[PDB]
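Opening notes on S-pomalidomide bound to Protein cereblon.
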Amino acid sequence: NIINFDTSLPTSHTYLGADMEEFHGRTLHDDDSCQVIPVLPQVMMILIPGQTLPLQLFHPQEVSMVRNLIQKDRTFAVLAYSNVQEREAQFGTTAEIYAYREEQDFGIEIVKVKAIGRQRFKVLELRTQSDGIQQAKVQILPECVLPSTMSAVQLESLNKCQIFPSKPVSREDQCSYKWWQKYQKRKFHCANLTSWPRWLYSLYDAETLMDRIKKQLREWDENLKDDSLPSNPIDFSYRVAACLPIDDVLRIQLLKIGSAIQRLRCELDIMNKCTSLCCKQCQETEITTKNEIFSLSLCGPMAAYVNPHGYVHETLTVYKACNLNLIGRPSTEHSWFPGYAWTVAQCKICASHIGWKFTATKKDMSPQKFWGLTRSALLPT
Amino acid sequence: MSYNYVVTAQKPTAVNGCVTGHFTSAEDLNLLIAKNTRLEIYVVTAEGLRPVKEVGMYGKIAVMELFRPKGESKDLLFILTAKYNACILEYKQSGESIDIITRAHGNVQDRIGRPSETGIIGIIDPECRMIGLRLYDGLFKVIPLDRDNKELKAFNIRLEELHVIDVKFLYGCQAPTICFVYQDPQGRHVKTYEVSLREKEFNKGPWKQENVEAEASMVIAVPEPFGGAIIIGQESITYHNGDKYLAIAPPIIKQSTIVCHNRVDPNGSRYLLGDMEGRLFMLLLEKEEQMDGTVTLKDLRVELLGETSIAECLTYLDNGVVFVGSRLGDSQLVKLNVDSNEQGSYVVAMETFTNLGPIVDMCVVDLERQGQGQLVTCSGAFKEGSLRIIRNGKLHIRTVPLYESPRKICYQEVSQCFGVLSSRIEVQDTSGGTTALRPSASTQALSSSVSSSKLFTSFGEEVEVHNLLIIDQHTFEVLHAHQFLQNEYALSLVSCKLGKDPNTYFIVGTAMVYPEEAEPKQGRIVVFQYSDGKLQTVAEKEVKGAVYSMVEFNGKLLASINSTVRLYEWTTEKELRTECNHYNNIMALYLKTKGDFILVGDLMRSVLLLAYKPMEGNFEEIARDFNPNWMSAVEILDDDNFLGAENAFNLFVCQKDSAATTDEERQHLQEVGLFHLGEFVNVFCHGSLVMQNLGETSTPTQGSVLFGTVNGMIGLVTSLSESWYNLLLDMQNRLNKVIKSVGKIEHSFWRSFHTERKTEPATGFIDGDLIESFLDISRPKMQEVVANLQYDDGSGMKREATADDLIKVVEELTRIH
Ligand SMILES: Nc1cccc2c1C(=O)N([C@H]1CCC(=O)NC1=O)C2=O
Ligand SMILES: [Zn+2]
């Protein structure tokens, strides 16, 4: 099922605004060194690079910093806070501004800005400024890319038999199990010179790991092959890491890794060894059905969404969610999705403010089969 | 703070390129063999090959083609190094001190750009108008060649296609022409460009792009008067000339594809083709057509000649003698007699040059009466694997062929027999069985056995069947051949005694592999016990994972199942028992131990250290080191320093600083020494080739670690005293201003730490070859070598330092190998 809804509008966040002032992206950094960057407070979320984030700011100090940044380099630091609060952070990710809008209307501060992370860095000490926008020293962490594992011992003879033909058709049986055997037998042909077999080198390759991740993802949900999954291992790893339902400590551990292959192996291990989900205070929940989780968006099952009253909020698009209670009529005055009506779905035991059931609005839609969860009270077990 | 000393004992013998041309003189015919860091110039005669020179460059040879610019009497030589140290060498006989002067030198690498995935390609215009290269994707580098060009300035030219398979210049054209095949989603095509030097840009090719077979790999340029290029694929050998087009699909070359070639005639009427399986094809061109003075092809028949060593680079010498240069086997010199035909084979062996590599695993054994030591290696691969014995008393090397690839080795003494694993190729016949291909050493043993345990396709596909051989140390004949179950893969092998038991047990760790699943799920540890010429399975334990490497602890057995390091205790009931576990974040591949220190590595450089506290009985984690690189082999030099190899043929030494006053610094491993060895290291093992006499005061060297390499050279890395390192560093930094290397490549470059992302100067390592080369330098230059060395540190200085004292110093370091 595809429930006949375009999944590119929830990524653009139409509800936030319409007449956006687009900012063209050109920005990089020192490339393995250090810099200094303003930090926006009142935000607590680890931002994997490539993940979109919308922001809503009300106090004068941060909006003044926003205008100053707009008339400057477009970058601000979001420190990945640990479990302990009160500036107990060591790693942060920079954020880039690609769209801005005032929409002052009544007017207190009122800013309509969406941001995406670009790079990773570490903080030595958190310098404090009395203005309100603390600035920190920052060592731009490296992005280490590794060459092919077979390039060290490669023969000068069979150098030419290393560019394989493209995949046969796409996403078909007997065109992958048959083709991957030939791929492994031909690409890693010089594995006999070293003291290790071919499959061991296959465990530390880039293409095979990405194919396995893609197969697992399509086993989860109906993904249209190359539905905005970049062929580059870096961006693919970042996107898949962003779209997984994992705790914050494991996410910061993934952020710690600086190499694509190690990150992919660790992520594969994590989502292979993670099956169950919990309701924080509650002992257990029906959300354990990790297999039955589709993605009603182009960014994945998870994305960053904002509320009209403050802090950014997290979501999880699950097909069915039991152990929940529904309160309030279905309303869509401020909906995270254009053609959906949101209903505040509370819990059944702990009664936490987690869950949002979406009902039918049109004919070719999903009638009363949609939910949005919260990682604040959701933890893998 | 490492003070290590790396020296080369047996010079590398692998071959990665051979060309012929009138190099030494216009009348002689030379066979320049490019091995690796060394270059050898031979002279062909009626009897065979007569060596002339052994010249060693400061780099790895990657491109070597001979060209003859106008106005030259003898052919020059063009050599490109992996580190892009381009140079043009010219041979010159000066009396009897034959030296190779350097015509030009200069780096050609670009500041930014990923190296091509296919690899470096070197091509030269037949008219010697320019020199071509392909170093980075989409950048076909061109180096103009002129008498005034003594710096090798290169200008990039943009290639319209990124994935380029093979590019080689064409013959018989007024303007320079290239003919290359590229990869596109719509398929593979052959397209040509007319490179112009004046415009420094491409042009329109003589003949348009033509579709080719989906497995086009290698391109041969046919010389005059035919013209055009021959595109050889997995199934067909084609020919393109624009209007003309010939293609044939013989079934003989169907089994394996062709990877190497070399012309045999000035007009290219016949050709040579080699493949991985190891058979020498013989392509023929029919030139009987002659319409109006032009010559065109009529037939592309392919005729097989016979089976030789596994080809890496061929060459056709005079009088029908073909140098079948191998890389993973043994080099040969076959004769193409078309009149013998003993049974249908056109090739007969004449000579055999020893080729140690590719070494896979090693052991040091005193096979004589407790005298010297003897590096019993596991050379070869595919059908040419063999056991080599390397003594020190020039190194003498005797071969024991097995016709089967060996993986590891170990030497039990209380049964005076060797234990070597093996892996031979078995073809899947359409009957459910496993029929062999050739008589291998596993099927010709005195006895045999087949493992039978109950604890748990297509006709044409190949399946690997593993064996564990037992070889006597005297006759070197196979005595028994134990064979594991179907789809079982042998990884580890250790010969050690366990617990209080008096016997010596062969232990083999195996991990089942299935095509369906990616990583192994269940493995097996089997404990054999050789006695009275009969292998018996005393014990058998199953593990949910893969057994990657194993060692012994003074009566205990240690194994690394998947990502967990496990300790096994040998009980009195002869059944392995688990004692303690340590779940690691990495997958433990290498286990090297010394005392209570455990050096747990992986394939991604993540060196991790462990210490086994006996009072508590569980592992404790001491040191950490994380850095993304491909670590090849790791060895523990001493109680503190750990040695290993990593990407770009480098050597690194890590040191743990127990003197640090903070816990944050103690839990981290410094990088003290980095070195660019120039070889890929496969295995490390303790021991030395020289008699281990006490020697009263011994020598400045202390300790001994040997390493084997893919190219097959034996090195001896040791430790040094504090002042000796500074003295040797000063001597080495003064030697660079006396000796003149070939190509002018600077020593610090050929030894600088190299990586695709970062390069730093080498420290903590003394090059043993540069120091050992001092004894060959002429006496008058020795005065310039040393003038203020401050020779003694202990008890005097002798500022003058004379000249004879340094000779004694170098000889003491040379005596170790
Ligand atoms: N905590 C509050 C408080 C008031 C209103 C809303 C929320 C909230 O989370 N959303 C979501 C509901 C889900 C949706 O579709 N759009 C929203 O803004 C609201 O409208
Ligand atoms: Zn609850």
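A, B, ... follow the sequence lines: proteins, then strands. Residue 1 opens every chain. Counting convention: from 1, in listed order, for ligands and their atoms alike.
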| message | I need every copy of S-pomalidomide for my figure - which ligands or chains are they? | response | ligand 1
| task | Give the letters of all other chains with a heavy atom closer than 4.0 Å to S-pomalidomide (ligand 1). | result | A
| task | List the UniProt domain of chain A that dominates the contacts with S-pomalidomide (ligand 1). | result | cult
